[PDB]
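AZD5438 bound to Cyclin-dependent kinase 1.
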Amino acid sequence: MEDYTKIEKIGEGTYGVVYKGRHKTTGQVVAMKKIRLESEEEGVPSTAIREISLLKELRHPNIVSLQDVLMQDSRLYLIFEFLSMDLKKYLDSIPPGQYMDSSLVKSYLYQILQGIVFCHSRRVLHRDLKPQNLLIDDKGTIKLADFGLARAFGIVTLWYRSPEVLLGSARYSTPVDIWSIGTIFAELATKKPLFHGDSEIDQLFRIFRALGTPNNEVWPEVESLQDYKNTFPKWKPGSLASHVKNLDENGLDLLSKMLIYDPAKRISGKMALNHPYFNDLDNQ
Amino acid sequence: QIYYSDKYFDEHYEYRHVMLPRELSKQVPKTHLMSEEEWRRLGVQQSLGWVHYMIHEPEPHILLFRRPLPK
Ligand SMILES: Cc1ncc(-c2ccnc(Nc3ccc(S(C)(=O)=O)cc3)n2)n1C(C)C
């Protein structure tokens, strides 16, 4: 549309190029995601523009509001509030020796859970959550970006992925986002990724080495999954607190509940918000 | 080039995975584990007695190895 002016590139997302821009009427600064639309078969209607319009109606202070949607010349433009920093970048600005302020960790996790509960209550998953998708303003508010874009289209990524998905489960649901928030919680505290694997298989082995190799005793039906093996290495459960620092006993309890193997037994977003860890929560 | 992981261990075995380039991966059997003679023909170089113990099907280029600890 003629209403906006590109300033500069900010990056590449999975789905297309992302620019910083200004609205000519309001003067507001925006993020503009360009997407080249794939050619489609005649007599097969597209869900993609329909599903994207639905996401425009999601409003919540801790998600990145999709302000508009344009279509010029078989290209789709998504317009968002511009935020100039993400969590990956914020963690990089902290020098060696320093750690993230204990109260700001709590605040951020609270905000993240608020946003994920909002999405989950409206039947919407992220599926692909990670520090690059968590944006921050200068005033210390944090928001999810790219919620529901995965479903709308598709048919560092690995570290935040859940064991359901890695072992090849037929189906998955809201618990995948909770596992990811788990691994991000640990990173906020320590500055470094909890499960720093070099491949799918190495990612599993790092999860096993910290939480125990799963069997049917701790995770019903796991031994039936497509990529389970009786030959995996065999580490015993326990010693999560040796992999993480700067968390009181509540923090460690919540974290361990976000990282339960069985999706059915894993903590929900609602329940996590009522956990004791948040009792002493702070201004901002 | 071929990349060799650091070692990790169990109560019973020691372990180590090896990542081959993707053009060699079409040469690794999609049906059976490999003899020490077989994996040396792909240019995997390490000490005697490592055993090819499993295949993660999504990553056929990753050879997983295992050797029993002595008692
Ligand atoms: C994939 C996607 N679609 C829409 C956005 C999006 C939405 C709103 N604001 C921003 N701003 C932004 C993000 C990261 C960085 S940086 C260079 O510090 O990494 C700099 C500015 N971006 N995004 C993001 C997640 C790229």
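The chains referred to below are lettered A, B, ... by the order of the sequence lines, with proteins before strands, and numbering in each begins at 1. Whatever order the structure lists them in is the order used to number ligands and atoms, beginning at 1. Because only heavy atoms are used, hydrogens play no part in the values below, and waters and symmetry mates are left out as well, while side chains stay in.
Within the structure, the other chains placing a heavy atom under 4.0 Å from AZD5438 are, by letter, A. Across chain A, the UniProt domain dominating contacts with AZD5438 is Protein kinase.
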